[PDB]
Every structure is written in C-alpha cells, then in structure tokens.
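When a residue number appears, it is its place in the shown sequence, counting from 1. Counting convention: from 1, in listed order, for ligands and their atoms alike. What you see below is based on every heavy atom in this structure, not just the backbone, and it leaves out hydrogens, waters and symmetry mates.
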Amino acid sequence: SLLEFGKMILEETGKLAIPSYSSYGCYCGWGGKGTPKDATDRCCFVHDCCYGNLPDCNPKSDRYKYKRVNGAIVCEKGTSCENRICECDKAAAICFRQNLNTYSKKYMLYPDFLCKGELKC
Ligand SMILES: COc1ccc2cc3[n+](cc2c1OC)CCc1cc2c(cc1-3)OCO2
C-alpha cells in the first residue's frame, strides 16, 4: 500500500513521497500520459506499468511486509498480490535512489498540458 511505498521511498532517498514524488513530471502521482520528462519520471512510468500488470490487485490499499537485509529491501511472503505489489514498489524505490542526482525541482507540480506524446508499457 501507499503506506509501505512511502516509507521505502523515504528510507531510500531521504525525501518524503508527498510532495517530492507525488506531483513530479508526467507520471509520478495521479497522472499517466505523454513522454516521461527525465529518469525519475521514467521510474514512475515503469512503476505505473508494473501496477498495470496486476488487474485483480489493489496496490494502493493492500498492505505487504518487507524487511531490510544488509540494507537491501526484501519482500516478505504474503498473498500473491502482496508479493507482486511489493516487487513493483521495491523496483521504483531503487530506481529513485539511482536517479537522485538528476532529480529536478523544475518538474515538481508539472503542467498537465505539457505531458505530450505517447509511450506504451
Ligand atoms: C486516493 O488518494 C491518493 C491517490 C494517489 C496517490 C499517489 C501517491 N501518494 C499518495 C496518493 C493518494 O493519497 C494522498 C503518495 C506517494 C506517492 C509516491 C509516488 C507515486 C504516487 C504516490 O508514484 C511514484 O511515486
């Protein structure tokens, strides 16, 4: 759920999910349209696609458990949905940490109208 996702993000990047990653670019948070603006936005795009692979799952509200082993995120065994949701979120948290150097404040609260084009999953 967003509670676990939020905590991963803070742990990885030291930034709070709201508001650093909930209104960023074309894909982070609510949105989903056009071309991702930068690496961080691509992480959100792939994250949206990952959830999109799980029709019959409720990734926003379904809670999973994860632990840290040697600093590494390890998803603990739950239902099938919980496992797969945790793996999507884990990948996004790492992707954010990997692209932290290029995170730009310029893309915070980005315009909807400037999210143009198309990109399939
Ligand atoms: C139902 O309300 C919603 C709806 C959608 C929400 C989406 C997100 N958050 C709260 C939401 C929320 O609650 C305030 C919090 C953090 C976050 C980090 C993210 C992200 C999406 C979100 O994509 C990449 O990184």
Query raised in the report: Which compound, drug or drug candidate, is present at ligand 1?
Result: berberine
Query raised in the report: Going by UniProt, what is the chain that binds berberine with the most atom pairs under 4.5 Å called?
Result: Basic phospholipase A2 VRV-PL-VIIIa
Query raised in the report: For berberine, which residues make up the site at a heavy-atom cut-off of 4.0 Å?
Result: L2, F5, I9, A17, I18, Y21, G29, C44, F96
Query raised in the report: When you measure from atom 16 (C) of berberine to every protein heavy atom, which one gives the shortest distance, and what is it?
Result: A17 CB, 3.5 Å
Requested in this report: Could you tell me the residue and atom name of the protein heavy atom closest to atom 15 (C) of berberine, and the distance to it rounded to 0.1 Å?
Outcome: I18 CG1, 3.6 Å
Query raised in the report: What organism is listed under source for chain A in the PDB header?
Result: Daboia russellii pulchella
Report task. Considering only protein heavy atoms, determine whether one is less than 4.0 Å from atom 2 (O) of berberine. Result -> no
Requested in this report: List the closest protein heavy-atom neighbour of atom 23 (O) of berberine: residue, atom name, distance to the nearest 0.1 Å.
Outcome: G29 N, 3.3 Å
Requested in this report: Give the residue, atom name and distance (to 0.1 Å) of the protein heavy atom nearest atom 24 (C) of berberine.
Outcome: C44 SG, 3.4 Å
Query raised in the report: Going by the order shown, which atoms of berberine are within less than 4.0 Å of some heavy atom of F96?
Result: 24 (C), 25 (O)
Query raised in the report: Hey, does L2 come in under 3.5 Å of berberine, counting only N/O atoms on both sides?
Result: no
Report task. Considering only non-hydrogen protein atoms, determine which one is nearest to atom 19 (C) of berberine and report residue, atom name and distance to 0.1 Å. Result -> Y21 O, 3.5 Å
Query raised in the report: Which residues, listed by UniProt as Ca(2+)-binding in chain A, lie less than 4.0 Å from berberine by heavy-atom distance?
Result: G29
Per-pair distances, berberine N/O vs protein N/O, less than 3.5 Å:
{"from": "berberine", "atom 1": "23 (O)", "to": "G29", "atom 2": "N", "distance (Å)": "3.3"}

